[PDB]
**Student:** 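Structure in structure tokens, see below.
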Amino acid sequence: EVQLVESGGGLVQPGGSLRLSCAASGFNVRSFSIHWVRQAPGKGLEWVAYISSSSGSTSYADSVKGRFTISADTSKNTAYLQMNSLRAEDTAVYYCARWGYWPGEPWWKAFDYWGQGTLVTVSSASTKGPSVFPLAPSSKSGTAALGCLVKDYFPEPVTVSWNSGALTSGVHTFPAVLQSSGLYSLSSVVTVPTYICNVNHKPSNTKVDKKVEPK
Amino acid sequence: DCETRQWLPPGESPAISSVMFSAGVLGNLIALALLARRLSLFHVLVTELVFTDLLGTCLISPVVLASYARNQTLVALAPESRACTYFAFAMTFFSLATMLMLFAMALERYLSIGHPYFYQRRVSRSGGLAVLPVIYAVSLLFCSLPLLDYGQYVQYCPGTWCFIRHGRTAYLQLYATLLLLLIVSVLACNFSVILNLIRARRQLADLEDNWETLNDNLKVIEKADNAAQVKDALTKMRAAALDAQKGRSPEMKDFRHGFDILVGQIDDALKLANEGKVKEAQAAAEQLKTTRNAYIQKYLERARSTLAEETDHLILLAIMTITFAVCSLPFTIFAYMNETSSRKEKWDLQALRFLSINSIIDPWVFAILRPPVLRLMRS
Amino acid sequence: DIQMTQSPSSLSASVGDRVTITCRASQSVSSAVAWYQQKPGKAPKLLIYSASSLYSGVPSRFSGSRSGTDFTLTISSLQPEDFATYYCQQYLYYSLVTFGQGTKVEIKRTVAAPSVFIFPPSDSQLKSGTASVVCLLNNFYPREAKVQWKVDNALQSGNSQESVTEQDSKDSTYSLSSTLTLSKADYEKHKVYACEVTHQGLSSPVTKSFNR
Amino acid sequence: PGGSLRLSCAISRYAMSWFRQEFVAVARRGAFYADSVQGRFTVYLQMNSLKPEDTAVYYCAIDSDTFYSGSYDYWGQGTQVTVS
Ligand SMILES: COc1ccc2cc(OCC3(C(=O)O)CN(C(=O)c4ccc(F)cc4)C3)ccc2c1
């Protein structure tokens, strides 16, 4: 069926260049214009670039004029977007779509098929291991709350579990928040009437254990 | 008292019948002349209605004139009140036939607007010419119920005429019910045509506003020089063009195609603007105008005149219907009232008189609605 | 330069209820307005195209209407599979594509009392050099809330990071975490800290304080 | 039991809330009821299907904040309500 696969996204240093690719399957790119949409974390969608492989015209957004270059290859039936002189605002997710040419129905069905999209992150920082800090409740506190706070980890995906997965009731994992220096911080708390919080990081390959005791 | 009276009452004014006969004849002749000066199916139906009214007058008036000439009632001048039946039959016969014709016209208007593709097919004049004998035969078969022991005729008279009997005979109630049903059907058809014409006027006004917006955007493109203003005007023009094709005839297969050609060219111009070509874009706009003069100007003109004629005919029909109501509502109301009371208040006579003046009012209103009727189309 | 303005930004309802979303365009667009449904952690999907017809594949519960320059998306009956973010988009031209501000339908329930907890920085976190005080808000149905930091009976502006989770599968109760970051000197000089929570459902703002 | 008393309070851009002395209901610009209030009452607080365990004073409050942050400062005097 009609499918659009994006690739080439990841981590890019500020001022560098990145080449994103959109491969179509089930149709030919010479009969449908290729559009790119960008979505920031905690925001909506935004059109960034468009190309029409039938005539060869291209268009970009007013905020991205002079920095992005879109092209299409009919021999490989795909689209390539080159990005130069990036900035911190370029941390988003890109999706590829097709919009039909004007005559008739294909134009009206705008963005009928959306691709999976890829994540792009522009940040100038080095990878750091997950520094886990336990959170202890008061000594007096019926129900109690035990938490563990991980800080100063640059890569996004990290896993936090309680009792090596045995205790999975009442575990609340908050989304990571980016700090000013560029390092993420996450907190995992649980409500209980030995409790070990294990934090494993995929890129840094670091596993940290901690024991929380009432104050 | 009329049934026992066999002599003309002294002091009765005979000028009323002669004046009505002369007015009806003059109106029918004027209507026939005006129709001969001009055919559409509605005009043929109007001509047949005028001819039916003329025949009704020419069959009714000589009996009334002979009644005054012989100074005797219909029961006296003719054996066993034969005329008192025949006249009454005539007084009913056309009273139905013309009425049916009205409905036919209304139905035509419905078939004109309610089913456009059904009317677009070849409708030869033979259909309208054959409608008249069918209506005549139906009216004769319906009015043939009296004289066969089903219905009777009595003399509700000031001294000159006869009509149907109200009593055990149920023919009068059925006739009044048929007249009321025909009036309701004509009113429903008129309201449906009114709603459809209002919708058509709204669509035409929207199309005219879209065309005016297109012309304004084209003038802005021609006068502008900056790329931003040209791009904004092109966007507005494309939006107005897409807001005009929203309203399956063969010509409708080209008009829509013409808009597709237009919008396409607009897109081309926008591309030129994204390329920074100003003069070229202007040339593109010129091409746009050419396409407009090639494909769109004609459709608008056709839409205007069509609707015009439509409204004209509509108003005509409406006036006619009003007349018919003023002529037949009194009669239906009398039919439903109690015979005793109907005589006690002397209501029936009045209704009959109205029916009679119907034959005078039906043709003349036509001569009243001359082709210079645009004032009324102004509303 | 069409700027789509979407008035509905946050609405809560249950299954079987009718939902109405309104989209307004800065410029007159005939029919180039579409609605898209994006799930959390998934790609969007077209629901209604040209504001009149329905997409081939989407359920018939969604409908579109137009009035002047205002477009309306109507959902007759909600379902557990229709709880996602909604976006309005204009496609009048290839180079003129502008999205709205978004609309995410939520599951409504009974308002409860938020449980507020406070967590001071640990000893290892103080040895690291940066002290982080945590204020936890658990089990409050309405997301709309406010947390204020007070040190020595003095309000703090800035340097506070808030994180709110999504609705749980069992009960639609959000979780909020407020982190206040300071240095070792600021933690040692100041005596007490506190976080005050103001939220619908509480007569008085709930304060949670800690003293070193 | 079975009372159908109605309570009124003395706006458009702000939100209104009712309390029992415990939160009752809130009218925003949707309407969010409490645990025992959901289904029984309707918010003008149209109280219906009363029960004898609801005999307490009902107050009124107006949210000053425009983001529904739950900031109540214009607390009304309240009206005494007794069921059965
Ligand atoms: C239906 O097709 C025709 C055509 C011509 C007709 C002529 C008629 O004339 C007979 C009358 C007379 O004058 O002798 C008129 N009559 C009145 O009672 C009367 C008085 C005033 C008034 F305004 C209307 C009527 C009896 C009667 C029916 C006619 C019917």
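Order of the sequence lines sets the chain letters (A, B, ...), proteins ahead of strands, with each chain counted from 1. Start at 1 and go down the list; that is how both ligands and their atoms are numbered.
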**Student:** Which name from MK-5108, PF-04418948, VX-787 belongs to the molecule at ligand 1?
**Tutor:**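 The answer is PF-04418948.
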**Student:** Would you mind finding the main macromolecule in contact with PF-04418948 and telling me what it's called in UniProt?
**Tutor:**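 By the greatest number of contacts, it's Prostaglandin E2 receptor EP2 subtype.
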**Student:** So, around PF-04418948, which other chains have a heavy atom under 4.0 Å away?
**Tutor:**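 Counting heavy atoms only, the chains are B.
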**Student:** Could you walk through UniProt's transmembrane segments of chain B from the N terminus and tell me which have a heavy atom under 4.0 Å from PF-04418948?
**Tutor:**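 Counting from the N terminus as UniProt does, heavy atoms reach that close in 1, 2, 7.
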**Student:** Mind listing the residues near PF-04418948? I'm using heavy atoms under 4.0 Å.
**Tutor:**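 Sure - by heavy atoms, that gives B:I16, B:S17, B:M20, B:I60, B:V64, B:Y68, B:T160, B:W161, B:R353, B:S356, B:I357, B:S359.
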